[PDB]
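One structure is given here, and the rest of the page talks about it.
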Amino acid sequence: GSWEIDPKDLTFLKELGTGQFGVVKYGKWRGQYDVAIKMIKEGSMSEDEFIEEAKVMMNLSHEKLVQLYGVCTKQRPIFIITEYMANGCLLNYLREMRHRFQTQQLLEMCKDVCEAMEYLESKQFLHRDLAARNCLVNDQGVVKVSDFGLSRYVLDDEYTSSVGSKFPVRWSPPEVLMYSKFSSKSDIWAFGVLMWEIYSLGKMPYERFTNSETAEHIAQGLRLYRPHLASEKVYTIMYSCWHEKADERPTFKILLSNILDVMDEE
Ligand SMILES: *CCC(=O)N(C)CCOc1c(N)ncnc1-c1cc(F)cc(NC(=O)c2ccc(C3CC3)cc2F)c1C
Ligand code: NA
């Protein structure tokens, strides 16, 4: 009935880990509904800017998005209440079950993310930090996209600056690195890297390079190799995401149609 949640309705049960804004806890809303509670660390977020734009994020609704339930702002620290995902982040899930993953399950993961991204693209809403660490897995093995657009409110120069140690260089196209030009085509690039993370079973992209060496090699035309579990058709799809020219990259609508074609073929 309102996006402002009463913190007295929340029960804190277990710490889930730490994100870009600090501690995130698992809990219950009104003792029944499972929730993730982000406890926004002091000085980690542009809180006023986030609160002013929160309603747009609140209205984003799709089955493949980790839902934003509401906020607790009449306090300090503020809370962000989200959908809880029982299997945690995709990156750790891939690493934990690595040699038990089948190619059909890997394709299904790509499809789930692609559907979420096709929806964000239709809303002209940028994720800005799409990667396996920012995708979550529910109890049914469904992959959902998490923390879309939250990148904009980070107060941490190491993360927001392209020359910073926490900036997601390995998921960034050249126009983001050089010109800070974010678009649905920069999310396309990150999605290609994410497909590679899925098919490589959670390997770090360009592991033999530093962040600076990655940016340099990519600018010179180097691309991620075909993972062992990726077929020629799967590699063609992820590779199409890495066109040097943003306008020559496919849309998420085109990517989804290509993923469904591979699914129907196998
Ligand atoms: C990858 C490891 C892992 O499993 N983690 C971090 C736990 C996932 O836990 C979780 C669950 N199970 N459901 C919903 N939400 C979470 C969650 C927990 C956590 F500790 C951190 C986060 N992520 C963030 O808070 C986060 C990360 C990155 C960014 C970048 C600026 C965009 C923002 C942000 F809020 C989650 C989602
Ligand atoms: Na192979």
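In order, the residues displayed for chain A correspond to 393-658 in the PDB entry numbering, which applies throughout. Order of appearance sets the numbers: ligands from 1, and atoms from 1 within every ligand. Side-chain atoms are counted along with the backbone in the values below, which use heavy atoms only and exclude waters and symmetry mates.
In the deposited model, most contacts to ligand 1 involve the chain that UniProt calls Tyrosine-protein kinase BTK. The molecule at ligand 1 is the drug LOU064 (bound form).
With a cut-off of 4.0 Å on heavy-atom distance, the UniProt-listed clofedanol-binding residues of chain A close to LOU064 (bound form, ligand 1) are: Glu475, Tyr476, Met477, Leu542. The model ties LOU064 (bound form, ligand 1) to the chain through a covalent bond at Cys481 SG.
Contacts with LOU064 (bound form, ligand 1) closer than 4.0 Å are made by side-chain heavy atoms of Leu528 only, the backbone lying farther away.
Among UniProt domains of chain A, the one with most residues near LOU064 (bound form, ligand 1) is Protein kinase. The nearest UniProt-listed active-site residue of chain A with respect to LOU064 (bound form, ligand 1), heavy-atom distance given to 1 Å, is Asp521, 4 Å. For LOU064 (bound form, ligand 1), the polar-atom distance check finds an N/O of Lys430 within less than 3.5 Å of one of the ligand's N/O atoms. Scanning the protein for heavy atoms near atom 13 (N) of LOU064 (bound form, ligand 1), the closest one is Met477 N, 3.1 Å. A heavy atom under 4.0 Å from LOU064 (bound form, ligand 1) is present in the following residues that UniProt lists as binding ATP in chain A: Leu408, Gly409, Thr410, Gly411, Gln412, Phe413, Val416, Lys430.
Those atoms of LOU064 (bound form, ligand 1) with a heavy atom of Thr410 less than 4.0 angstrom away are 20 (F). Near LOU064 (bound form, ligand 1), within 4.0 Å on a heavy-atom basis, the structure shows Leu408, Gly409, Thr410, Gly411, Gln412, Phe413, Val416, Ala428, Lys430, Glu475, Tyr476, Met477, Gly480, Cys481, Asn484, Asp521, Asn526, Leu528, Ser538, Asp539, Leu542, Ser543, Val546, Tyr551.
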In a simple table, one pair per line, please give the protein and LOU064 (bound form, ligand 1) atom names for every N or O pair closer than 3.5 Å, along with the distance.
unit_1: LOU064 (bound form, ligand 1); atom_1: 4 (O); unit_2: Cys481; atom_2: N; d: 3.1
unit_1: LOU064 (bound form, ligand 1); atom_1: 12 (N); unit_2: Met477; atom_2: O; d: 2.7
unit_1: LOU064 (bound form, ligand 1); atom_1: 13 (N); unit_2: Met477; atom_2: N; d: 3.1
unit_1: LOU064 (bound form, ligand 1); atom_1: 25 (O); unit_2: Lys430; atom_2: NZ; d: 2.9

